[PDB]
Amino acid sequence: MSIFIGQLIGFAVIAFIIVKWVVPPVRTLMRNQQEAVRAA
Amino acid sequence: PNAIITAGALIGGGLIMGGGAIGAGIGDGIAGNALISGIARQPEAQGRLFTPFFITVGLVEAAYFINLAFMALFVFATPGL
Amino acid sequence: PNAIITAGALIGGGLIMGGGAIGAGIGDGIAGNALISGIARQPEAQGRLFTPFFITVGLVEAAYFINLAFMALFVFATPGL
Amino acid sequence: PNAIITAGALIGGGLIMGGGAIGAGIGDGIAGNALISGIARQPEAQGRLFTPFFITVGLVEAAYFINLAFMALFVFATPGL
Amino acid sequence: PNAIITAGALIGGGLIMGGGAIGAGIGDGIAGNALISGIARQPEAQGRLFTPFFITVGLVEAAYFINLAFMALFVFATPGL
Amino acid sequence: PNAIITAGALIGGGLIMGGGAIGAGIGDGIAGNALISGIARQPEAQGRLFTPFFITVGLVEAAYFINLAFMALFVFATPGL
Amino acid sequence: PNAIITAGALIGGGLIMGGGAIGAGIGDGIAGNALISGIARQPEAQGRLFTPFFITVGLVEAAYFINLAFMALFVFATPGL
Amino acid sequence: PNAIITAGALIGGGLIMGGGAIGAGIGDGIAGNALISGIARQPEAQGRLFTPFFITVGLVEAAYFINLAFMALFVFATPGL
Amino acid sequence: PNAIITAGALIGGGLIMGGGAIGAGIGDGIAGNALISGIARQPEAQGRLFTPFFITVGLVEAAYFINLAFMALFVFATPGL
Amino acid sequence: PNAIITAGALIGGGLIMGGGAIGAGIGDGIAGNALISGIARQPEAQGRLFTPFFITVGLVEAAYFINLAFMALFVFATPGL
Amino acid sequence: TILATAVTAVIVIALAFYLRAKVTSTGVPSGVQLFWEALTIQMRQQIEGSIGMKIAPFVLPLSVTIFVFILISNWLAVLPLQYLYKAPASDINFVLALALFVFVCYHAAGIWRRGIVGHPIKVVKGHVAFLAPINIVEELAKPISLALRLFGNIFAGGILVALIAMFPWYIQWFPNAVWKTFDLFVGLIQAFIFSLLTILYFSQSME
Amino acid sequence: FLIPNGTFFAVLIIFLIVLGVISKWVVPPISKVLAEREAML
Ligand SMILES: COc1nc2ccc(Br)cc2cc1[C@@H](c1ccccc1)[C@@](O)(CCN(C)C)c1cccc2ccccc12
Ligand SMILES: COc1nc2ccc(Br)cc2cc1[C@@H](c1ccccc1)[C@@](O)(CCN(C)C)c1cccc2ccccc12
Ligand SMILES: COc1nc2ccc(Br)cc2cc1[C@@H](c1ccccc1)[C@@](O)(CCN(C)C)c1cccc2ccccc12
Ligand SMILES: COc1nc2ccc(Br)cc2cc1[C@@H](c1ccccc1)[C@@](O)(CCN(C)C)c1cccc2ccccc12
Ligand SMILES: COc1nc2ccc(Br)cc2cc1[C@@H](c1ccccc1)[C@@](O)(CCN(C)C)c1cccc2ccccc12
Ligand SMILES: COc1nc2ccc(Br)cc2cc1[C@@H](c1ccccc1)[C@@](O)(CCN(C)C)c1cccc2ccccc12
Ligand SMILES: COc1nc2ccc(Br)cc2cc1[C@@H](c1ccccc1)[C@@](O)(CCN(C)C)c1cccc2ccccc12
């Protein structure tokens, strides 16, 4: 049980980090490609 | 008894991981040096250098982690016991 | 008895941390050499060069953290025994 | 008894594989330095620089996996026994 | 008895400090080299390069301190007893 | 018993091959770099450089095989057993 | 008896002074190379360029002294004797 | 008895050839690097640059053979048997 | 008996000079490399370049002789004997 | 008996000569590299460069030969015997 | 283990299903279109750079399936199933099947190109005849290098996630978080490495 | 842990299943799409 408690805490931490730092640039690049397709 | 063999196995696996560590660290550094230097010479080259970079970093790591796959084999699965 | 395996474990963990520290220091240093020279060459590239630098440092420090983990394994968990 | 021989075989094999990882990593990295720097300083060369690189990496891997090969012989067959 | 463990423990602590010091000296030098060459190429560049440098040093020296801690654990706390 | 003489041998041989691997691994690289960079800078010279290269490796490899040879001598033939 | 402890302690202390001396020599050399080259390329620099040097040397040589101290601790005040 | 001395002899003889092969391989590779990077500039350099290279390779290899000789002296007709 | 401590002492002392000679050779080689490169790229600066090199080597050798002295302490006047 | 110390002595002499040979080979190589590189450029310079190179080697081998000498002390006179 | 891989096959298959549903060449692409297209176009620019799409087009599907397969495997290894899931590459069987199939495919394509009587000798003699006996080890190295690497790294994680679990939970959350954070990156990089070296081995196998 | 079993053929079969799925479903429509984007450009 205990290692699961720590695991879920850690998974929340990693999801937090990706959501805050990694997701914005990824989605912005995806949106840039999306709009560049929107040109045609 | 088996204890002698196991002490030897820990020592051997330690040599494996230590050499792999030296190799992988120094190699990843030598590669990152060329990468940083190219990006300093051409700030726009970043999108281009990732290809030759990870070709290197992998072929470098292709030692360390391989050693690691054998390290466990010595420590956790002692041959010839 | 177990004492011998423990002694082998201390020695092996020492070799692991030794190789780890050699690799980590020399690699972070080579990367820093590239960064220092590039920031000496392009005062403005600082923000772009911090990226490949943290990537290289991340790889080498991953090697060192894996080595530290297997050191804790040898010394405290002492496989076999 | 033959336990000592087994411990020695593991230790020597570990030395083999560790030195192999050191050399292979550092060599692949030094080669990647030339590759990355050439691809940074001229991208049209990406087609040709891949030729000597794997000519050299091959010479380096063809050391690693040879050492590893003998390492297996050390650990699984134990030549002297 | 504990005697063998303690002998191995001293040997391991020494291997740790040794690898650590190799890494630390060579890395601090590789950083000072970029710093010196840059400060030669640009006298007024000091106030920039010290930032990447104390960064690089901070990594390399950290590899030392951690080792210096664990050496104590090996030698002045003797795990496994 | 006489087993000890073999044990050190399997250790000793590793020091011949493993360190040899280092000389093989880095040298094949440091040379290829000078090759690769040439192919980057002076593309027409791809033929000329191959001779200064094959001699360099020709020497470096000359060590490795020799070590390999004596490796077998330690492991299979076991002097003074 | 404790004799084995003193033997291990001398081995460890030798490893500490050894790694320390490797780091010291090679790092002071990598620094002095930047110094010689920087006083060739910019002969007036001698005044400012000594300061960064005294920094990197300060970090390398210190790693030696902290090493040379702990050797003295290993051998003359053997932990756990 | 003689067995222990013989094992020590093979181990020392492994160390000696290993260090020798390391020095020889890396030095020969560095000399080859200088030669290859020089012959890259102007072809007419060949017959000229061969003179220093065979000097460097002459000294570097001059270490290996000498070490190799001492290697035999350890393993064949070992001191103190 | 005293045999074990003398053996450990000799082994440690050899490690001391091995590491010392690695440091000294590679360090003074790098120093001489900078000196040669500078006296090539700037012969007018010859008399300048000799001032730092004797300083640089002075530190490198300063470490090695210090090591040899401690070697005499380990081998002849073994601590703990 | 003195057999134990003799094994330690052979191993220690091997360490002395190994580190010495690593240093000598890599140092002669790094010096010859500067020589070959400063003779590829401006060959009329060569007569200057022989003065510092033979100085640098003079130091490198000054470390090596004396190492060999201390080896002869460990192996043929075995301090503590 | 087979179930740990079946989950990844079904995710990748459902993604191909979603693409088959969504694709639009006129309109604005959804996420799945952009991910698929970026991977395909990267590998296509790579193969175009060395062999040319017209000589060896059959490598693109293999490369992309390898990349998605191992990438999804490693990323799924991150999800907090710790307490059944373990990365499949942790088992030699998976990495062996993958590397061995890559090996047999590109070698059989070389044979198909030059012929069964022609390709082996040309591969042995390789780039420089003086290296003929090394090329064999360079050849025999090609598959093994692929396998023991992808194993060695992901296995290195499978153990470590367990070793960290040795901690108490409060200490545990920090190393596990850092490790998985950088393990996403390391798995992605090893996938890119596997695919790119597969492409390069195909290329040099043709010439 | 380096001794294979029948797990091997199972992973080879599932990997080839995914490969067929991809080669038929994914690659063709995306190549057609790349061509049509190069046209509309
Ligand atoms: C910069 O910090 C990092 N960056 C990483 C980047 C990538 C990866 Br994959 C792992 C990284 C891990 C870390 C630390 C860390 C964070 C969490 C847990 C364990 C370790 C670290 O390992 C860094 C030391 N470095 C220089 C060797 C560490 C180890 C031991 C004691 C420390 C004391 C103080 C500070 C750091 C300490
Ligand atoms: C071509 O390379 C060489 N050049 C040399 C130059 C001088 C001298 Br005197 C010896 C040389 C020997 C070789 C090889 C060779 C090829 C064929 C036969 C014998 C030797 C090699 O040594 C490769 C080592 N490399 C990769 C670090 C080797 C040794 C042993 C077993 C091998 C098995 C497979 C492949 C290579 C094998
Ligand atoms: C620059 O120094 C550092 N940088 C770091 C960078 C990152 C991290 Br995370 C930890 C760092 C820690 C330090 C010192 C320190 C400062 C305060 C307390 C404890 C340790 C150090 O450990 C460094 C030794 N170096 C120079 C080989 C030290 C220990 C003992 C005696 C010293 C005597 C003199 C100088 C440094 C001394
Ligand atoms: C380059 O050749 C040399 N240059 C020297 C230069 C200076 C001095 Br002082 C001694 C030198 C000695 C030699 C060779 C030699 C050849 C024949 C007889 C005696 C000595 C060598 O010892 C070199 C080993 N290298 C490659 C690590 C050798 C020994 C054994 C087998 C070899 C097989 C192939 C090639 C060289 C072989
Ligand atoms: C120039 O040499 C030095 N520079 C130093 C620099 C700093 C310091 Br702090 C100590 C230094 C010490 C010396 C010599 C010395 C010895 C005894 C007394 C005084 C000076 C030396 O120990 C150096 C050997 N080197 C290669 C390690 C030596 C010993 C034996 C034979 C030699 C033969 C020839 C030359 C030097 C010889
Ligand atoms: C430059 O020298 C230093 N720089 C340091 C830098 C940082 C720190 Br924190 C400690 C430093 C300490 C010193 C010396 C020292 C020793 C005792 C007391 C005071 C200073 C030194 O320990 C350095 C050895 N080097 C040269 C390998 C030394 C010891 C023995 C003999 C020497 C002979 C000659 C020169 C130095 C000698
Ligand atoms: C180049 O020769 C030197 N230059 C020096 C320069 C400075 C100093 Br302070 C000491 C130097 C010492 C020497 C030789 C020497 C000269 C005289 C007597 C004893 C030893 C040497 O020790 C060097 C070995 N090298 C090449 C790895 C040697 C020993 C044994 C056999 C050799 C065979 C061939 C060549 C050198 C041989």
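Numbers restart at 1 for each chain; the letters A, B, ... are given by sequence-line order, proteins then strands. Hydrogens, waters and symmetry mates are skipped; everything else that's a heavy atom, side chains included, is used. Just so you know, ligand 1 is whichever comes first in the structure, and atom 1 is the first atom listed for that ligand.
At ligand 6 one finds the drug bedaquiline. Most heavy-atom contacts to bedaquiline (ligand 6): the chain the PDB entry names ATP synthase subunit c. Other chains with a heavy-atom distance under 4.0 Å to bedaquiline (ligand 6) are given as G, I. The source organism recorded in the entry for chain G is Mycolicibacterium smegmatis.
Heavy-atom contacts of bedaquiline (ligand 6) within 4.0 Å involve G:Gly58, G:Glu61, G:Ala62, G:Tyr64, I:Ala62, I:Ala63, I:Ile66.
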